[PDB]
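Contents of the following structure include mitiglinide.
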Amino acid sequence: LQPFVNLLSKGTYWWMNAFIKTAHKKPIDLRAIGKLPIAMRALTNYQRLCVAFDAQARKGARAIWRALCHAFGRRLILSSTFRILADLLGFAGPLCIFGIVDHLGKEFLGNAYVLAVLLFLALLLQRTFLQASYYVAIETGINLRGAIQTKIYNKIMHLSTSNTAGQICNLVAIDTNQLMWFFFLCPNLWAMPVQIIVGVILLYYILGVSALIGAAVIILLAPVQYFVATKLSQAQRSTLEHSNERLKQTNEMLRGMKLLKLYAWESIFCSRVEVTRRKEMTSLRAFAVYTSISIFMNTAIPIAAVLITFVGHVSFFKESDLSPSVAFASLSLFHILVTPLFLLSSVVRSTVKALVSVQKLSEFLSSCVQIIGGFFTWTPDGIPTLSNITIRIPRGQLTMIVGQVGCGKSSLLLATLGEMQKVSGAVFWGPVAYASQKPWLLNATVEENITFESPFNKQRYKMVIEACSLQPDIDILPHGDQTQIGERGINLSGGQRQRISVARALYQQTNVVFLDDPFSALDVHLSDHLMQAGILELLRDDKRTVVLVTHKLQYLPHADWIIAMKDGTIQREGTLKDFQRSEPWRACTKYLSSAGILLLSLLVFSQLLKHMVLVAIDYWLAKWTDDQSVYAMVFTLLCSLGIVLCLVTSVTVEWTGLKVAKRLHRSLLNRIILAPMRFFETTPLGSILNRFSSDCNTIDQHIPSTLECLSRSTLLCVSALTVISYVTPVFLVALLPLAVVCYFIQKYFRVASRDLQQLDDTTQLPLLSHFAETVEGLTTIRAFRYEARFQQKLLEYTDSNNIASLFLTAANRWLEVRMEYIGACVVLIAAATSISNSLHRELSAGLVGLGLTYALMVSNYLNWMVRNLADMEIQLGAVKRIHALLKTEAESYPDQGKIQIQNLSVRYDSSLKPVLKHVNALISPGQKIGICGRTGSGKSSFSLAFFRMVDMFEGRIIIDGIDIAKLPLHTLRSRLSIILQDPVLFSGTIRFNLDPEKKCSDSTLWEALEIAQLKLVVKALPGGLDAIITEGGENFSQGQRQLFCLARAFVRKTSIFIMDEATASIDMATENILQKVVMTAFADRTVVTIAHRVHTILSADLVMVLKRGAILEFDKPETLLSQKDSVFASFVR
Ligand SMILES: Nc1ncnc2c1ncn2[C@@H]1O[C@H](COP(=O)(O)OP(=O)(O)OP(=O)(O)O)[C@@H](O)[C@H]1O
Ligand SMILES: O=C(O)[C@H](CC(=O)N1C[C@H]2CCCC[C@H]2C1)Cc1ccccc1
């Protein structure tokens, strides 16, 4: 609430003080953050931008710039006016140091004390204009993002469906941010020229022509600073290529982990991910080189400029003798030109990226029922897709739209709606509940999807779910209801999704309903259930106009009207009779522990030795000004020794950063591979994967750079407070109060800012997610006429994004205003005490300048120390949670088919109910054993029990004379065939997905593919036995993929085969093909089949029934059918 408060509280952000103190105690919630001010709302900014657009266009890429300039120009020069005004008041430090030091070494301005309060007042007054300049630029930048995101969205509700779903979200998340961040750094575009030009002009007057030569070096090194920034960002992209390639290879490893650990291919796929990692680490060296140079230039160009400015002034020109006032006033000017001169690279880089974004943004912004005649074409001009489409469906009566495949069926429905440009014809036609041919699901609850922003009724909902008969399906789902169906509907199944969209159509209370192929993936049994109960007994009962378009003609007789489509034309439209007649410092220690004692010693000793040179340089200047070639000799040497150490301390932090980033990931990968199968099922995949994506990214690129920023600022602030204390020892008395105050300000910030950074991120996701939802189901939204209702949901989402981001900026300004006040209070104590000592005691004029030139800079170092420490705390969440995951568990480490089980006391998990108990069996070599039982009756345990994956087997299994327990895991899994229920084939060649051990012969591998009756399609692939297959994908069918897994099984030749519900998720013909292959090809080798199919184990040598723990296991299935009273298997079959 900055506008309401007065000028003083607004400048000092006193209104934020109570919020900070309150948030320190309890976490920030949406209730804690208030509603947005009227002036800064998404709707208000959007209306202002629309007014600007109307004004500009009333008389392209130029227009949007004019509208952005017109709407947000008044609150932008007001930001630039402060920035310029703060720049001029900035030179009241360097100029007043000139005044103070000169008077000591030699009209109220003639007094040294008077200038000590002018230095105090100007520094106090500058460091609020500068901060109020940052805020108003930010508050305009954030208010702009609110206006554009609404502007982008209001275009989405219009664009034709002929066209890029992911581009629009990218346009919101990246292209708008680059435009927003241009308005953060917009005033600098007019303030760098003013601040630098006055700066360089001042240096000439203070020091002479020699100040230009030193000033030219810094300016001339801005392009080289910029060039490194270009080479770095190129290197980051090339690293981003391998990281995305790595995450694909890792994701396939975690998802299909059970298949891998069954075949003992965990090491092979772990080896393949490391090969991609090493390439990423190679491309990450160049990112370290061009980050090392970037740190080297930013701390060795200021030193180089000082070296050439002073040495050149005394050696070449032989001008006026160097004096403490001139040398230290000029030195303090360099410290305040480098910050503008080194950010100018990022300002130009941002401006060239903002020019692209606007052009990219302006490219996006430019993109019953009776019909008379009618010609509709998806293209703006071309062959009309619908021709002679003249229809008149009745009101309140069901109508069927039936025709050939791909012949104007779904287009005609969209022709009735407004998504088809009319070449000609006349159409006259409220909101319509349209069940899309391709169903779309909101990223929300199953209850939310069906109600779809409509009031809930208990009776209505009960009938709908019973009619669609999707409730029994949700019963098997992991959650009873309110399941979070994310993007793409991965949680739900294809057939289940189709019902939901039809359920959404059937739930709504509207007169006209267009159900576009409700039975596309609906089973024939349920399809009649949905049609009879829902379409007829529910939809037709309510006197609701229903239009249905499906291939199943069985429901044609139960239809008032029916139309026939031919070649995209409505040939005839009549009734059935008419138609028939016509036709954490603990984590930081863990991070620095892995670097190595050698590097860690070199890292620490280089930092401490560098800042004993960067002070011994400045102290030597204070001794110099008071033989004159001798002083230049030592000062040149120290400047070179300062530069050399700036190179060493820039390589080491990056060299260390790679050494940890390499070891931490590699040590992480080898740990989860050895985790037992129980760990992967219990822990959600999202938890493990995000460690490899974000945390291994934060350590790769963010920690090493931040660790340098925090270590460089902390030592500078220690050096600044030591030099300023050696000059005036009385300053130590005031150091304790300013240490206690500076601690609490740091504490309340880190507590409050950490909350808002998390709150900022968690409100970003709903905003982007809403853009994806709108574009994916744009046709459905405009069918319900929920465009206005959906657009309103954006304003709430983006307002909760701005206010969460408008406190993160008011928190930073709160901190920087406090520290700059503390720093402006240190400069008074430093000035007051040194001048007291210099005039009365025997202090020198040079040491006075040395104290002041650090007092001015102790405000910045205090600010970087607390801001970097805030970021270093957050970025150490990467190491903290990796080290937690890194301590997971670790598993310990066939000639004849005789397998024996000793009581099989196997427990599905630690300290749980035993799945199977007291199960004794003995299968002779070369015998086909079958296992059948109820779902969850322990049959599924015996499948994984033979592979020691059940980690609590309190019994014994003897296979071919040995024990499956004593033998090591990677030597027992590798010699036992398995066929999981759901087939999976991982990315790689066919030769590298059927024998990754690279031991199979080329001729043999072809026979195995042919043995599975698969050689024809395999040979048909390009290359042959080397075609680059994709994970799942379309290169193979579901029957073929399950068929290929049989070929992979035949490759092992382990003489013991275990099949676990291979029949499921397969075709009936393929099951006969698979069963015939197993019966014929695998005649020997003791095939064991655990499945629910009746006919799978009918011909087996022996069949074992499974009760809660064990049931009758008749060796002869023929005897079992008679003995079981035709109940156990005969009745089930
Ligand atoms: N973005 C698009 N650009 C061009 N044509 C399009 C586009 N979207 C759809 N179409 C047209 O719509 C046709 C499919 O709809 P149509 O009603 O003609 O067939 P259908 O019988 O409903 O098909 P299906 O069984 O695939 O649902 C395509 O063949 C194409 O001519
Ligand atoms: O001190 C800072 O360096 C500023 C940090 C800050 O205030 N914010 C708030 C913004 C919210 C939206 C996204 C994050 C930014 C970061 C950034 C900045 C603003 C203006 C000028 C220079 C730097």
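Numbers here are sequence positions counted from 1. Atoms within a ligand are numbered from 1 in the order they appear, just like the ligands themselves. Atom set for the values below is all heavy atoms of this structure, side chains included, hydrogens, waters and symmetry mates excluded.
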What are the identifiers of all copies of mitiglinide in this structure? ligand 2
Which residues lie closer than 4.0 Å to mitiglinide by heavy-atom distance? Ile138, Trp181, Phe184, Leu185, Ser805, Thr809, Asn812, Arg813, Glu816, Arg867
